[PDB]
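The next block holds one structure in the form of structure tokens; read it before the comments.
Residues take their numbers from the sequence shown, with the count starting at 1. Determined via X-ray crystallography, 2.0 Å. Atoms within a ligand are numbered from 1 in the order they appear, just like the ligands themselves.
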Amino acid sequence: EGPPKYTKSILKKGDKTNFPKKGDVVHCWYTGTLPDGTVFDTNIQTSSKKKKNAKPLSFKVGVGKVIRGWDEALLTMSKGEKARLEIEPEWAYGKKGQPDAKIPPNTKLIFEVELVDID
Ligand SMILES: CO[C@H]1C[C@@H]2CC[C@@H](C)[C@@](O)(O2)C(=O)C(=O)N2CCCC[C@H]2C(=O)O[C@H]([C@H](C)C[C@@H]2CC[C@@H](O)[C@H](OC)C2)CC(=O)[C@H](C)/C=C(\C)[C@@H](O)[C@@H](OC)C(=O)[C@H](C)C[C@H](C)/C=C/C=C/C=C/1C
């Protein structure tokens, strides 16, 4: 189980009342960055689609739909919370990384994650 192979720093507090449980479906805005500061992915729209059509990432939590660091971190977050996650390679894409997805081998990944809603 532990200790966790990720760290969480809370950037914006959530409601501190509604926490996702394993099997809940969550919705999030995220930005993913490498240790060098390069943004590798984001689902946050720059403009004119900021609200018009953009859809947040949707997944069922705690069941291995996402990398381990996200799955465990989400369980610690409350609705509306914005957090910075630093995730070791072992709880991300492993030692090999995911080159076809732009993730280099053996690199920590930094995500800013906002938990919008829980179903
Ligand atoms: C264009 O953007 C991509 C997301 C990209 C992919 C490449 C990575 C770098 C990245 O840039 O995201 C990224 O930033 C990243 O690493 N992410 C994304 C955000 C959550 C954390 C992490 C992740 O785990 O991605 C995930 C990672 C890449 C793959 C998983 C890693 C954990 C492993 O255990 C899983 O095995 C199952 C596979 C991708 C996802 O977040 C999507 C949502 C989830 C899946 C594809 C799987 O759960 C899949 O098979 C179960 C499903 O059940 C889904 C719902 C089926 C439906 C049809 C697919 C929808 C696909 C949406 C794809 C999206 C939005």
Quiz item: What does UniProt call the chain that holds ligand 1 with the greatest number of close contacts?
Solution: Peptidyl-prolyl cis-trans isomerase FKBP3
Quiz item: Given the choices rapamycin, solithromycin, azithromycin, asunaprevir, what is the drug or drug candidate at ligand 1?
Solution: rapamycin
Quiz item: What are the neighbouring residues of rapamycin within 4.0 Å, counting only heavy atoms?
Solution: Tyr30, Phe40, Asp41, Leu57, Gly64, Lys65, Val66, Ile67, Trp70, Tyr93, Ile103, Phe111
Exercise. Among all protein heavy atoms, pick the one closest to atom 65 (C) of rapamycin and tell me residue, atom and distance.
Key: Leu57 CD1, 3.7 Å
Quiz item: What source species is reported for chain A in this deposit?
Solution: Mus musculus
Quiz item: Looking at residues of chain A within contact distance of rapamycin, which UniProt domain do most of them fall in?
Solution: PPIase FKBP-type
Exercise. Might you check, step by step, whether the distance between atom 62 (C) of rapamycin and some protein heavy atom is under 4.0 Å?
Key: no
Quiz item: Can a protein heavy atom be found under 4.0 Å away from atom 47 (C) of rapamycin?
Solution: yes
Quiz item: Just distances here: any N/O of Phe40 and N/O of rapamycin closer than 3.5 Å?
Solution: no
Quiz item: Purely on distance, is any nitrogen or oxygen of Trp70 under 3.5 Å from one on rapamycin?
Solution: no
Quiz item: Does atom 22 (C) of rapamycin have a protein non-hydrogen atom under 4.0 Å from it?
Solution: yes
Quiz item: Right, does atom 54 (C) of rapamycin have protein non-hydrogen atoms nearer than 4.0 Å?
Solution: no
Quiz item: Looking at rapamycin, does any of its N/O atoms fall within less than 3.5 Å of an N/O of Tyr93?
Solution: yes
Quiz item: How far is atom 41 (O) of rapamycin from its nearest protein heavy atom, and which residue and atom is that?
Solution: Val66 CG1, 3.8 Å
Quiz item: Judging by distance only, is a nitrogen or oxygen of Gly64 under 3.5 angstrom from one on rapamycin?
Solution: yes
